Asker: 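This structure is in structure tokens; I'll ask about it shortly.
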Amino acid sequence: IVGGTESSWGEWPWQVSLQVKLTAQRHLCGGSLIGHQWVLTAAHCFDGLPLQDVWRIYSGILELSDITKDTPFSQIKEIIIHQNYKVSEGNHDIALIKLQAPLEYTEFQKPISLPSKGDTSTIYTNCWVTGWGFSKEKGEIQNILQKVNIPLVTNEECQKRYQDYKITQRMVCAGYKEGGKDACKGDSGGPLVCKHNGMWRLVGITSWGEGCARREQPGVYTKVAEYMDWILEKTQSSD
Amino acid sequence: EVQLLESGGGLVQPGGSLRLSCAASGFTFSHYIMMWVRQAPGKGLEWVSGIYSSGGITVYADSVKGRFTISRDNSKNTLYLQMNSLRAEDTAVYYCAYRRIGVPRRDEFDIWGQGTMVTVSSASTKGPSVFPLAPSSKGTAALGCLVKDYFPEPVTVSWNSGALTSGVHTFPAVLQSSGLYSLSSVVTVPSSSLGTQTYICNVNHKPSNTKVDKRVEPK
Amino acid sequence: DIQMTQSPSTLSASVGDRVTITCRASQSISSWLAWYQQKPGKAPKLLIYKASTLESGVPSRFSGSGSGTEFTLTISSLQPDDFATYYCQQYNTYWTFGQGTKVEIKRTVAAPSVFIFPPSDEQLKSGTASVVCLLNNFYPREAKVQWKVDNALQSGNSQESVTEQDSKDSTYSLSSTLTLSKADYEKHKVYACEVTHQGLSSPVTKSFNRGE
């Protein structure tokens, strides 16, 4: 996150860190807890390492430096990548992760609500993006979970800044005209949440973008409301 | 970050073969086009080979087509360049480079290695002959050392064991048609100093383990 | 092959200048053009891709434009870190690099001090004669050096070497080395190095006679 500030315990209790352990262990992506046994993230997080065994998922965590050899983590039982997602591209950039065991809820580990069928035409005005990504282009993974407030833009505005790509109705974009606040590398797969009628809703999944916090260069997010039939089918069907 | 480290460079004879490796380290979800690029001494960058996807199109510049083979061992996370029927003109620094496939994800389009030196020559390893460039009999005077007929690079030159540095110019070496290198090192000093001051060039050539000190005097 | 031509080949500038470099392709490459910076002895660094997109981490003073066959790189305000060689690269079909544009430090004209050195006796007895002409601490780089043996202009038997811009005074130095067999050397009397350069109100000649 560029231009953000430190989050607090309990502030974003759905935020998870998806890490890979080979010889060394590294944070690769964010994700969002959406049920006891379900995390929602970006499909692209699995382009390089598509197999489940190397992944470790940390929840109820503020500071990555708190992780030690003994820190408990969830494991991946199933990765469900959208059937129309193409590796390395921006369409249908969404994946469900089923955990090997269900997690209990606490005030520091609980789910983000998904958008409601009633809120199809809602214009969201208090939106935030979180993660442990770089605080500048070619920076470093941040220790304490960062947060930043970013306004949504229209798809037409977003398309003006991405002439080489197609912005679709299944994407949503967010950014400031003069830049300065944005997601960056390592935030991908994490949440874009907006507070509507007193509750937080998962509106986006951090997906792609050119640079970080550049002027007239919004971030692109998978628009979660457009995948609700798919989420409910894949989850209900699995359990 | 994702990082690339080349190895396998060295000295080979014309007609010989050599295999370069480029080992990738780090974790990433990105896929990459993988290239080898080279740069001959004092020349521009020249792309020579690439592989566009896993077991995909392998392609070659005409300058190396039929002699070089590019490949990947994904289990070792390593890119190779097998070079056969090598020639003098293949002498260069070789770089591996990765280029990002697909949409930008707050990340880099290019990743480059550090480079590895390949020298193709039939020359025999030999320390330089050092000859004086004597200050002329006819303000400021110039003198030097001609450091001739050595192989391979590099040599180092100092003056008065490192005590004289101001106004020294050691020229880049030139590859002669013989296949041996030559350079001069010069220095400008006061004319009034030529009679009283001692000037000695110290020429070291690690490859032949030779050190030569040569006194440079008015003729 | 798609051939890439950069212009100019060298350009002189000062910190704070706006600098523009051009790259031409022999056929259309759409917008599949990248720009690189390279310093001596180092791997190149990507600046710009798809003609005008800024690479991750690259300062915003760098920008690019063009499509088809003619492209420019612009540095809006040159910084000390920016003196380097710049290469364009087409990636329409494989990769091809341009020949490069060196961006060097501009300063006032400075004439070379010119010195000629005869071959040593030590070297002669081994059968080869090296005659060295030194042009010391000059600016700009462009300089013509001609060898004359008994007034006959030499050709094909000399090699030049040049230093990088001096870190103190931003000048160049250059050597021209004429190589002859001992036999040929001994066949002639007058050995002359003639240099032409902007800092000289007319060409300067330094010489010696064999054996004086």
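Chains are designated A, B, ... according to the position of each sequence line. Here the PDB entry sets the residue numbers for chain A, with the shown residues being 391-629 in order. Using the numbering of the PDB entry, the residues shown for chain B are 1-138, 143-223, in order. Chain C is numbered as in the PDB entry; shown residues: 1-212, in order. Only this structure's heavy atoms are used, side chains among them; waters, hydrogens and symmetry mates stay out.
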Asker: Which compound, picking from REGN10987, MEDI2452, MEDI-493, RG7116, DX-2930, sits at chains B and C?
Answerer: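 Of those, DX-2930.
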Asker: At the binding site of DX-2930 (chains B and C), which chain contributes the most contacts (name from the PDB entry)?
Answerer: Plasma kallikrein
Asker: Between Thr596(A) and chain B (DX-2930), which part of the residue has a heavy atom less than 4.5 Å away: side chain, backbone, both or neither?
Answerer: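 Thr596(A) has no heavy atom closer than 4.5 Å to chain B (DX-2930).
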Asker: Counting only non-hydrogen atoms closer than 4.5 Å, does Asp572(A) touch chain B (DX-2930) with its backbone (N, CA, C, O), its side chain (CB onward), both, or neither?
Answerer: side chain
Asker: Considering each chain of DX-2930 (chains B and C) separately, which one has the most heavy-atom pairs within 4.5 Å of chain A?
Answerer: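 Going by heavy-atom pairs, the chain is chain B.
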Asker: Using heavy atoms only, determine which UniProt active-site residue in chain A is nearest to DX-2930 (chains B and C) and give the distance to 1 Å.
Answerer: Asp483(A), 3 Å
Asker: Heavy atoms only, distances under 4.5 angstrom: which of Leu439(A), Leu412(A), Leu418(A) has the most pairs with chain B (DX-2930)? Name it, please.
Answerer: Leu412(A)
Asker: So which of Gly480(A), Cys419(A), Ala573(A) has the biggest tally of heavy-atom pairs under 4.5 Å with chain B (DX-2930)?
Answerer: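 Looking at each option in turn, the highest pair count goes to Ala573(A).
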Asker: Mind checking which UniProt domain of chain A carries most of the contacts with DX-2930 (chains B and C)?
Answerer: Peptidase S1
Asker: Find all residues of chain A with any heavy atom within 4.5 Å of DX-2930 (chains B and C).
Answerer: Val410(A), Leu412(A), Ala414(A), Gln415(A), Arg416(A), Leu418(A), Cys419(A), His434(A), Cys435(A), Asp437(A), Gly438(A), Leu439(A), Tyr475(A), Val477(A), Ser478(A), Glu479(A), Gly480(A), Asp483(A), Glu527(A), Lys528(A), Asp554(A), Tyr555(A), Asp572(A), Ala573(A), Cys574(A), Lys575(A), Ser578(A), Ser597(A), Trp598(A), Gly599(A), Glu600(A), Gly601(A), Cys602(A), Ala603(A), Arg604(A), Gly609(A), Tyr611(A)
Asker: Just need the list: residues of DX-2930 (chains B and C) within 4.5 Å of chain A, heavy atom to heavy atom.
Answerer: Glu1(B), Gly26(B), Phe27(B), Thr28(B), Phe29(B), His31(B), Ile101(B), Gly102(B), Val103(B), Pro104(B), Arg105(B), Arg106(B), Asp107(B), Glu108(B), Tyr49(C), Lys50(C), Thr53(C), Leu54(C), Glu55(C), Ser56(C), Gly57(C)
Asker: Look up the name given to chain C in the PDB entry.
Answerer: DX-2930 light chain
